[PDB]
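Throughout, a chain's letter reflects where its sequence line sits, starting with A, and its residues are numbered from 1. For this deposited structure, the header notes the method as X-ray crystallography, 2.3 Å. Displayed portion only: the contact tally does not extend beyond what is shown. Whatever order the structure lists ligands and atoms in, that order sets their numbers, starting from 1.
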Amino acid sequence: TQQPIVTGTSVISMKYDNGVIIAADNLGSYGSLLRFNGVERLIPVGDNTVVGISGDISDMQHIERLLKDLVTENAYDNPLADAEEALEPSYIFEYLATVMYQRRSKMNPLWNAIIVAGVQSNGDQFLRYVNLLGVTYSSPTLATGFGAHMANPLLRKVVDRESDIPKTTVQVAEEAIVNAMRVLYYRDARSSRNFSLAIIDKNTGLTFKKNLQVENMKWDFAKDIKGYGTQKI
Amino acid sequence: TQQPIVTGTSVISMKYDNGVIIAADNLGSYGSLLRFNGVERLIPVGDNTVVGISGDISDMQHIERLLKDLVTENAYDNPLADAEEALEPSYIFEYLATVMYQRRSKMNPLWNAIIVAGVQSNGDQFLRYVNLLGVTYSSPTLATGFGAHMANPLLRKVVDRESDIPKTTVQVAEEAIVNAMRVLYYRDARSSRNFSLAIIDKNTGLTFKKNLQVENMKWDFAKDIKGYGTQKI
Amino acid sequence: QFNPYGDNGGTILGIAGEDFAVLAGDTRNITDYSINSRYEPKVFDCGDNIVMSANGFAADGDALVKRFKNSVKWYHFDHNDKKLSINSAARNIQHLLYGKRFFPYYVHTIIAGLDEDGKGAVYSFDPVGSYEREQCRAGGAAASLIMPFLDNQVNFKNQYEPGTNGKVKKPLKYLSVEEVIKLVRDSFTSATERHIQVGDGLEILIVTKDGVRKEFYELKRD
Amino acid sequence: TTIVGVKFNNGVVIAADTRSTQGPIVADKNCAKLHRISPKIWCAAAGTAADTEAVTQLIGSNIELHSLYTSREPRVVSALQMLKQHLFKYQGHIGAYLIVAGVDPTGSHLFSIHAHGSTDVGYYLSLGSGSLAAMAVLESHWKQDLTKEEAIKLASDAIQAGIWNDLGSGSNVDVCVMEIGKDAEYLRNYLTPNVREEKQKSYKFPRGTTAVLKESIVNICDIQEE
Amino acid sequence: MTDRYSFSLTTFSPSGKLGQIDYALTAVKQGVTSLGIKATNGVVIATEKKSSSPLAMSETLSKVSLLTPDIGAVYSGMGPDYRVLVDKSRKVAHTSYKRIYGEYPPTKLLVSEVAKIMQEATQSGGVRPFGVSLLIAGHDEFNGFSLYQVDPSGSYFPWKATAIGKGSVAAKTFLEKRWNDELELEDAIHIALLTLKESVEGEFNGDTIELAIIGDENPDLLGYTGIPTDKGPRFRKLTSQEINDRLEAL
Amino acid sequence: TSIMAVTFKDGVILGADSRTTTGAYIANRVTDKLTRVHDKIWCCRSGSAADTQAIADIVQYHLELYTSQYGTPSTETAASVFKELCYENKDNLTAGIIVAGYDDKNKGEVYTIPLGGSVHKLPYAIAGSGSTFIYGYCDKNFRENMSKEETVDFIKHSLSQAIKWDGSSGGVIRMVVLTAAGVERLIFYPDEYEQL
Amino acid sequence: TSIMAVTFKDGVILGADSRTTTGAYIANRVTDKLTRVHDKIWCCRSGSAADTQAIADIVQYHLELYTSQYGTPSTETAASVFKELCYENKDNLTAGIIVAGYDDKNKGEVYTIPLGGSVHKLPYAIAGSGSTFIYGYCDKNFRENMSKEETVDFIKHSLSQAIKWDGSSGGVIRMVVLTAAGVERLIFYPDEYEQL
Amino acid sequence: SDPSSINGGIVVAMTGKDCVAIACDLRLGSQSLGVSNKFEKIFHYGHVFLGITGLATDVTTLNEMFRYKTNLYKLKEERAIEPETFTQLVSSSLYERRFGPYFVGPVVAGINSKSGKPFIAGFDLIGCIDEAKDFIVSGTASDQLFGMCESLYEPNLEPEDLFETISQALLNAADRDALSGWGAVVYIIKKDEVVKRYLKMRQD
Ligand SMILES: *C[C@@](C)(O)[C@](*)(O)[C@H](CC(C)C)NC(=O)[C@H](Cc1ccccc1)NC(=O)[C@H](CC(C)C)NC(=O)[C@H](CCc1ccccc1)NC(=O)CN1CCOCC1
Ligand SMILES: *C[C@@](C)(O)[C@](*)(O)[C@H](CC(C)C)NC(=O)[C@H](Cc1ccccc1)NC(=O)[C@H](CC(C)C)NC(=O)[C@H](CCc1ccccc1)NC(=O)CN1CCOCC1
Ligand SMILES: *C[C@@](C)(O)[C@](*)(O)[C@H](CC(C)C)NC(=O)[C@H](Cc1ccccc1)NC(=O)[C@H](CC(C)C)NC(=O)[C@H](CCc1ccccc1)NC(=O)CN1CCOCC1
Ligand SMILES: [Mg+2]
Ligand SMILES: [Mg+2]
Ligand SMILES: [Mg+2]
């Protein structure tokens, strides 16, 4: 048993016709203090998987090292390490899910919520969640923390069920993700303007975008808001 | 029942041959934050009494207003308000002591420790303490908070008993008070360098000194201190 | 949470003689490990040849003494300057204490004087006003040290006549004022050695038919 | 307890009061709080009395074995290191607060150590309940380049401040002086400003005053021959 | 990477001999001569500093070792075995005695503890016996001065005087003639130097001889003043100069 | 919340962020924390939204009734009415209020009233959760008798930093200028103040 | 405690106050919080005095043994050893450590290790109770590739403010300069830095 | 609940001229219920006397433990243990249970057989030594005993005078404690004779 100290907020994601998108802001909060402004919380594993992590950053850095070590170990005595015996999203997820549930069962959890996004060998989209309790689930959209409450409603308007996935292009899906990140910046007190976004496509591969900013913000109506009821000026 | 919020630290004092000296620093702390740097905590009442207050500053400001109102009330229908029927230190103290004990007895104290210093009509030195519990006592030296632990030992080396009072001059007594304030600045984490000092003498009257600073500080030996044991550089 | 009580330490002692009584108290006042004062009087002449001390929490002690002194003043006004007898003073103090039964005065009170036959009298009170007349009583921080000594030296307890096997007790005697003061001084010197809250000075008030006299003695200051 | 350490020209001096307590009662009026770790490494103890004795004796034992093993006179930094690691491991539960001083081939040294295992370096230090009273005196009269005589004076004055003003401290002042190139001099009861006055009365009883039921000889000897 | 030697390496042969103990005693016989003599007011222990090379600094190799402030030890046999036994003997004096009773053990009981350690190397799994015989001299309040020998078996005996190692048979005969119960400590040192001269071939001086005494308390060697009861170590190692002074009156 | 009031040559300026929080959710991102108690006496609010609104509404009532009887109240008087409510109801309130006003006689004045209900007259004041991060900055950069443009920049730079480091502060920077000329409202959006 | 480490053109500089507290009593006013783990790898200590000393002693041991086998360790390596101890013993430790060092290859580097045991490589870092009051100041006044004199002034002004507002910080300002030239210790007394 | 005051009882020791005295009460109870009036608290190992107050199971356990240890001491050392040495053994044995202590207040008393010097000592439950010249007190009426001893005691009392002083110190202290009394025993110890006396006291 511990308490989280340095923390990361929402990770958001969705499936589209040919792949998956995942995103997370670049902040490490220390309670209410917005302490660290250059923290990468999307961690790629090979050219087919991105693991997005929220919660305790010290535990995130531990998980990052586990994944880095997993790639090293998979390469050992493996002539097909960059081909048929490369690490899959499903393998990386199940490993993390095993570790998470083992750690909760020893009453010493890794204080995180994790989304593994990727594309499998056969071109199938992979998107699955796991947290500090070892709870797992999959859905056409997935989000952690505040993102569950605010991003999912927006992303579900694009992909409400499985049959909507082939109808959704990469442009429409990315647009929905970028808008969701703006909404979180308006409304989450432990978020930042700067974020990272990753697209894993079955055709075009892994595209990792750094140093993105929330833009096209509406604050102009603020000038017209005065007082809390009766004040006229 | 409450908790103190904005607070003042030590008030220190002693008797000498012809009168009394009292002192207190100019700080209002907000927990560990050294919030307010210009707070006067010695409050004169007439030309014969100084009330030094530590503890909650909101309650100090209340007490200040009570004393101000006490002077106004004493002047009413009193042709000898600036002569034989002027307020005495003993009258001002007993009033405060009554209020303090009444407030503790309603489980709603004034969260303070108070030292009333002055000279009576007959030339006698007055020095007495009262706190949030209504506890009262007199001694040739008196101090609140950290001053009780650190200032009293030093001031008692000058006036150890009643018979030492006539042997102690105003120069010796002031020197002892000024040194005690330096020691408190070295060692009390909720103190400041800037302080006020008041002398109430039977011959020369009330002398109130503002904007005093702790000076002649020893920090030079600090350069020679390295590590915490084995470190040589 | 706010705690309305505190402990100012100190120790007091009453002894009744044949035609006199003493009430003694140390002059030290403390909180925790700090000394507040080396000379803060704790035993008070209350008028009508009655001496009083309310040891424990000094604010409650001062309040009680102040209220009793006032009770004596109003007893004079309301009953034609009649002298308040020690027995009557004691019953009055019970009502003062029991009045705050559910928010007590945190003190142990002793009064001393002469009864209506001119004989020495000491009365003793708990915080909520139960009382008893006694030849002997110590109160306060070092009461547990002093009382057994008084049982032995004032009331001659566990002492027998030599050569009687153990069947004739040492017969009870009144002590002289000189002998009582010797026992008081040794009690406080002993208490000062072993109790940290006892020291600095000893102030004894002696009550006779002639009035109230005071004696002061130095105690160790460590 | 009041304990102090003061550095000087050619060495270091430590001092202590002699009171030990049990609740508000004084258990011992002439307690010895200056513990010898090795001939020229001594320390003053405050806190839980059993813990300070046990910890000084354990490290003093291991320092003696280390000295024999290495054929070298023990160093103060070694006593310090061994004390802090032992106290850290026990996470403050061993309630030992110590001022560690001494002379060794490296020179003269003065340290303090707290129960949780933190240490500090200084020219003057104080510990225990009377440490504020002692530190007030030290902060008022300490200077650089003190002589032996000046340092003994300052150290004992600082203990006196604890004796008179702290209810936790009392009785006598014990001093130990450790000078470079000399034997350490332990001055037990260096000051005695608290002798009890003569009592007013003698309480010697007449013989036969206490009532007895039975008498018997107790056999303390072993089983006898013949 | 296993210690599989859980069985005894010292066993009884058909004749009743414990071979490894006998062979350890043979190693002791090859070792350099050392001796001990007990006086009325002291004990002396002595040996030759057999230097392996003249480039070697023989001062650094201490054959005569302090165990406690009132107890000293010397040996004959294998030097490394002796060194580790001195380490263990010093430690067991603290762990099994000083940390319990607040005082150093009496000579006989420290000897008993050393003896125990040597016995265990004669019975425990996967070890050989120690290839040394020790001479332990000491003082304690209730037993007075004493001198003990300890062998590879763990057996120990008290002596008025004795010798062990190379020329022990000749040295023991020499001591039988000279020893009496009225000897002062200086007389015992004189006899120790005479006895040791017979077994030494080469140079005979303070630099080639190692000698220590258990004698009077030495408050000057204590290192501190202020405790009347602590009067100083009775063990003292004689200097190179102090030995040479007595060799002129020889 | 990050709030401040700064006296300058021509008067006083109040400043605040626009964020209201429920836990870590931002309940209102365009909050107005600068509230009028009299024509030229305003306050900055921090602490409970309910408590500071209730207090401010009562103070506005008291000063309206003061004006009907005795004419325009001083800034000191307005601060005293705030104090009385905060001090006497200290057990039941969580309010940190800065009172700022302009007289022609006294010019610009600032009074800060922290949790206990004490009053402190100051050349400038800072308060709210985000103020902790700018004590250093404000102490080094404040000067007396600044111009209007300098004081606007001082507040803009100060609250910009408070917003940057405090998660409980954010949104727009609102300001209210109090001079002889009148009452001016200023607003500054994220795209302006973040790049400073 | 107020501590910081700042990279600059020629290397890195560590800075700290000298105050140790027991409650509100100052147990040591001349504390040295800048501790050597290797010739040119040092750390700033905050949190428990016992914990940070124990950790620093273990790290010094690990890097001495590293040096015997593998030669001079990198600053990154020193930070990793600190991290391992802080992360794995997070339940039982209260340690906030800044690691700073000079290589010739990597030049000046600074790593901060807060309570959780996470690691963060930064151009400069601030920590300890008093650091809260200077986030604003430090963010506005830090530039990369400063000179030695500029970086000394930046730390002196920053810790001066931290000391001024934090009661848990005080005493002297100690600094340690790490460059190719060697190791320089600097000290600055109250009479110098208070008047800034 | 508080283990040191479930059973009750007291021990006191004093030095005199070429003699020591150690004394104890006889009560064992379960809080308010008096159970036994024959529960002695003083034991001896050769010429060294040990009194023990506190939790009665630990009093009995520690007696059996120190009998065990002093028997082995004597076999190995070939002499009886002395008071100074026994004191150190008590301290060592208590401190090894530092974090699960015996709830006791031991008191050592005796005369060193070689030097002839009178010796007394007391300990807290974890083994800290108080080596007093004058007197040592222990038990539920320790405050009371401290007061009696500090006033009644004078140095260099003859054996028969010292008996009166220690007896009156015990009796009057016990009578002010609910959990002490029910009889008492006094040992007067000289270099080669020891007299044991049972005291007549009030039985409430
Ligand atoms: C007095 C001083 C100014 O504080 C100074 O620091 C000295 C220095 C010593 C002598 C080196 N300290 C003491 O005297 C300590 C103060 C202290 C008391 C209690 C806890 C911590 C510190 N005194 C003792 O340690 C005392 C020594 C006896 C009188 C010889 N021992 C006790 O008071 C003992 C401590 C038990 C304990 C257990 C576990 C953790 C910490 C402490 N307590 C009792 O004896 C209480 N009680 C136990 C049951 O029987 C009745 C008495
Ligand atoms: C943002 C800031 C730095 O805190 C700044 O001070 C602003 C200033 C206002 C706008 C004048 N303060 C707030 O935003 C407060 C912060 C605060 C919260 C709680 C106590 C004191 C201050 N926010 C509110 O007052 C908030 C306004 C609502 C959302 C319109 N109210 C609450 O959060 C409410 C307060 C209850 C309360 C009131 C007084 C003392 C103690 C508690 N709390 C909740 O509804 C709690 N919430 C917790 C999460 O689950 C839902 C319920
Ligand atoms: C001053 C600063 C801003 O805090 C700065 O971080 C310095 C840095 C050090 C010098 C490297 N830190 C301190 O001074 C710490 C502050 C601190 C206190 C408590 C927990 C964590 C940090 N002070 C100490 O570590 C202090 C050193 C002693 C005086 C030599 N130790 C304590 O105060 C001790 C710590 C116990 C503890 C340890 C770990 C976690 C939690 C608690 N605490 C006490 O002795 C408590 N004290 C309270 C008042 O009554 C007396 C007992
Ligand atoms: Mg004292
Ligand atoms: Mg923000
Ligand atoms: Mg009884």
Peer 1: Name the macromolecule with the most heavy-atom contacts to ligand 1 in this structure, as UniProt names it.
Peer 2: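 The largest contact partner is Proteasome subunit beta type-2.
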Peer 1: What drug do the PDB records list at ligand 1?
Peer 2: carfilzomib (bound form)
Peer 1: For carfilzomib (bound form, ligand 1), which other chains fall inside a heavy-atom cut-off of 4.0 Å?
Peer 2: D, H
Peer 1: Name the residue and atom that form a covalent bond with carfilzomib (bound form, ligand 1); answer none if there is no such bond.
Peer 2: D/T1 OG1
Peer 1: Please identify the active-site residue of chain D, as annotated by UniProt, closest to carfilzomib (bound form, ligand 1), and give its minimum heavy-atom distance rounded to 1 Å.
Peer 2: D/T1, 1 Å
Peer 1: Below 4.0 Å, non-hydrogen atoms only: which portion of D/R19 touches carfilzomib (bound form, ligand 1)? Side chain, backbone, both or neither.
Peer 2: backbone
Peer 1: Please state whether D/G47 comes within less than 4.0 angstrom of carfilzomib (bound form, ligand 1), counting heavy atoms only.
Peer 2: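 A heavy atom of D/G47 does come that close to carfilzomib (bound form, ligand 1).
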Peer 1: For chain H, what name does the PDB entry give?
Peer 2: Proteasome subunit beta type-3
Peer 1: Please confirm whether D/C31 approaches carfilzomib (bound form, ligand 1) to less than 4.0 Å, judged on its heavy atoms.
Peer 2: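 Under 4.0 Å: yes for D/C31.
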Peer 1: Heavy-atom pairs closer than 4.0 Å: do any link carfilzomib (bound form, ligand 1) to the side chain of H/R98, the backbone, both, or neither?
Peer 2: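 Answer for H/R98: side chain.
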Peer 1: So is H/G105 in contact with carfilzomib (bound form, ligand 1), going by heavy-atom distances below 4.0 Å?
Peer 2: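 It does not; every heavy atom stays at 4.0 Å or beyond.
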Peer 1: What residues end up in the site of carfilzomib (bound form, ligand 1) at 4.0 Å, going by heavy-atom distances?
Peer 2: D/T1, D/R19, D/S20, D/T21, D/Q22, D/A27, D/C31, D/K33, D/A45, D/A46, D/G47, D/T48, D/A49, D/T52, D/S129, D/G168, H/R98, H/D124, H/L125, H/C128
Peer 1: For a distance cut-off of 3.5 Å, show me each N or O of carfilzomib (bound form, ligand 1) paired with any protein N or O, plus the separation.
Peer 2:
residue, atom, partner, partner atom, Å
carfilzomib (bound form, ligand 1), 4 (O), D/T1, N, 3.4
carfilzomib (bound form, ligand 1), 6 (O), D/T1, OG1, 2.3
carfilzomib (bound form, ligand 1), 6 (O), D/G47, N, 3.2
carfilzomib (bound form, ligand 1), 12 (N), D/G47, O, 3.0
carfilzomib (bound form, ligand 1), 14 (O), D/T21, N, 3.0
carfilzomib (bound form, ligand 1), 23 (N), D/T21, O, 3.0
carfilzomib (bound form, ligand 1), 25 (O), D/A49, N, 3.0
carfilzomib (bound form, ligand 1), 31 (N), H/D124, OD2, 3.0

